J.: 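I'd like to talk through a structure of ibogaine bound to Sodium-dependent serotonin transporter.
Within every chain, numbering begins at 1; the chains are lettered A, B, ... in the order of the sequence lines, protein sequences first and strands thereafter. Counting starts at 1 for both ligands and their atoms, in listed order. So how was this one determined? The header says electron microscopy, 3.6 Å. In what follows, every heavy atom counts, from backbone to side chain, and hydrogens, waters and symmetry copies are set aside.
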Amino acid sequence: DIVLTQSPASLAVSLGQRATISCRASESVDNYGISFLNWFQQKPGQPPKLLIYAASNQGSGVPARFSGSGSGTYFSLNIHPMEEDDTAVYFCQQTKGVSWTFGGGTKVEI
Amino acid sequence: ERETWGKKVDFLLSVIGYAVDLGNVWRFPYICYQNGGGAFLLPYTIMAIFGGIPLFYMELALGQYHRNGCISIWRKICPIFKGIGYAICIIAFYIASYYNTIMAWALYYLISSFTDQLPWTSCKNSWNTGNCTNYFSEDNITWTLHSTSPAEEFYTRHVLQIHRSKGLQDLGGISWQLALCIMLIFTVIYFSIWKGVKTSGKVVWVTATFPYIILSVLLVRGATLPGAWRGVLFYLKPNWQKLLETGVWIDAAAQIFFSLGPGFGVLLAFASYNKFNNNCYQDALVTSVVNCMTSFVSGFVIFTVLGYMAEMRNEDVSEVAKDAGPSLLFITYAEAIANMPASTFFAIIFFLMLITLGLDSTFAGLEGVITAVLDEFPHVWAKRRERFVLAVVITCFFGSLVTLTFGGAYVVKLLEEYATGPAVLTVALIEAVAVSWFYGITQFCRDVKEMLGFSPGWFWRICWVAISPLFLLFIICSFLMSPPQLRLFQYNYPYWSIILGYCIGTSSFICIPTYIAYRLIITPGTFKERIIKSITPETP
Amino acid sequence: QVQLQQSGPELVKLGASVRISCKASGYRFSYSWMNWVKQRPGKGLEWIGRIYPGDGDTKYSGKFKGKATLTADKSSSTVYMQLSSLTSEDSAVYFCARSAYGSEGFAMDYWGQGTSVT
Ligand SMILES: CCCCCCCCCCCCO[C@@H]1O[C@H](CO)[C@@H](O[C@H]2O[C@H](CO)[C@@H](O)[C@H](O)[C@H]2O)[C@H](O)[C@H]1O
Ligand SMILES: *[C@@H]1O[C@H](CO)[C@@H](O[C@@H]2O[C@H](CO)[C@@H](O)[C@H](O)[C@H]2NC(C)=O)[C@H](O)[C@H]1NC(C)=O
Ligand SMILES: CC[C@H]1C[C@@H]2C[C@H]3c4[nH]c5ccc(OC)cc5c4CCN(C2)[C@@H]13
């Protein structure tokens, strides 16, 4: 049961700006190079949708507005082309062992 | 005396313990499969009679006569060929990076198989899977292209992380989980050659020949397992195109010299560490034949189980593992245990007995290099004996971190085609020429009759002077002309590895004229007079 | 495109037992895991457990070690989540997500509409 906390709480809306969210990996590494980490969109009322898998690859159907980075403990998230439609909450999930959990979740609103 | 079957139980089972190695269990099924099965068996039974057995018998004769190690056998034969023993020490350093890592992969399967749910049975997203079909006919899954079995996926990403390395030009870091696994092996090796008391005792029973009699039950499973009727036919295909010019005889030259013993200098110390047996023609002839027989059974159980893969994939037998390298043993035995009913308990038994069968080729394999260097510092080892035995292990350990990385199989293949193939073959050629063309067969023939009293055969006396140096020279002449390139794990080869391959193969070749040039200016006299004074043997 | 539907909403009695269906076809069913995500209205997310088809393996988070029961069926290609010891906190929206095909373990955008129980 490896816990995980997201370091921001909520961000503002401003078009064309930086929005980064990190995750807690105090006892967490990667075992096979491809970084075990996920990212998810969830609009209010909608089921959760994949945003970025493996913290470096673009998701299925998601455009180039979202791209992840980082290696090891703290991982990045590039939302530099910020879109009005992206007003949702984001999550962070571990996939190492039987420790699957989610973070606190950070939303975005002006 | 009749010498009934009470001796036969004590004698024949003791020959099995001195015969079977990992060169008979791991090297031989993979070298039949690299150049096509069936095309290797007929050059195997000819190269062993003409090139393997007369060199297996030659080193045991010189071991009992001069009674020294392979560094100091040549000082009583021809003093300029002392660099042959230095060529043994530089090849045996390359084997420690080639052979100790296969032991490190064997103990890792023992640790990762205490769970009742075996990881070979499924590809259940455990560590790194994907594009895998575990049930061949248990859940009516058809076989498609670009699909891999979980017996291969458990190897290619868990124990040896190949995808970390893009190729031979780019190696990753050092795997922490495998590097601590080879550390436990060198602890056992250092705590075994610390005294080294093994001549003919009863430790040969438990260590080697009792793991072999329990390893033969895998053939019972292969008879029950389907695909065997279409599996064993691939091992017995006698017809093959151009077995004279292609260059598959160096696959037979490297396999025989790695399995029988001559070439690595292990027989010159083994026949010097025991006493007068007086049965050397009758003991070594049975041992050399049964060494091919203990390798024929292990070369028959592997292609039986690989016929089960070829049956339920609807492909050819040579289409199963097209570019899979020297890890064919850790894939065939990976699947053959999971199809047994007692899959949990027998995986511990079949792998731990593989460890003890490999350590006997290392506990007695270091006898050819540790005992041989004792005759060079006679006044030093009284206060050095705790040091240099420990120092050769750490030197072989630090020379093995080039292949404990994530690109392990990219180095093990390079140390198989070039470090064992031409390097051991060249030293075995110079060992045969310098004892016959220079030392003379006349003095050697009178030395055999002193310890035995039985004359060597007329068929044998033509071998060491004309027959056996002819076949060893033809393979090297066929190697320098033909390209040695192969293919491994969907990776063609880099061009700079071929130039690196001949540098390793001539790393042992360069040491022999180095000692000859050392004897050039140190002796006085005429250039035609210094040679005869150099090749003259010593005086007690 | 892999179809993945669920059952309808159900009512919750105090301490009763439920049975949530999760039908999905057009894909190799006994190939990947099946996620069960718990989400209370207003709160974040929570993982419950997983099950591999073919009676493979069930791993639980710990909070539902004896409270949740997962079954599989390769014929009907459906999984079931049997819950027990119901309370005022268990009535929420549950999801049935399919895991990745391999090397990462993500969710392949194969999610249900949410069998909200109350
Ligand atoms: C959980 C990890 C488990 C790792 C398991 C690794 C395998 C277990 C160790 C097997 C090797 C030790 O097993 C055996 O040990 C004994 C004593 O220790 C060694 O020693 C034995 O033979 C030597 C010479 O050959 C004799 O001098 C000695 O008196 C005798 O005991 C053997 O050479 C070795 O075969
Ligand atoms: C499983 O399927 C994938 C997808 O086809 C394979 O990935 C491709 O493999 C071929 C050669 O086998 C390469 O030329 C391609 O570049 C690969 N594609 C990508 C995106 O990398 C994969 O090799 C298959 N086998 C496994 C995972 O064992
Ligand atoms: C008995 C049969 C011999 C023929 C091949 C070479 C030889 C040898 N010598 C060595 C020296 C050092 C070493 O450090 C781990 C291992 C070896 C090996 C490998 C075991 N075998 C196979 C022996």
J.: Which of the ligands or chains here are copies of ibogaine?
T.: ligand 3
J.: Which other chains line ibogaine with heavy atoms at under 4.0 Å?
T.: B
J.: Looking at the entry, what source organism goes with chain B?
T.: Homo sapiens
J.: Which of the transmembrane segments that UniProt lists for chain B, numbered from the N terminus, come under 4.0 Å from ibogaine by at least one heavy atom?
T.: 1, 3, 6, 8
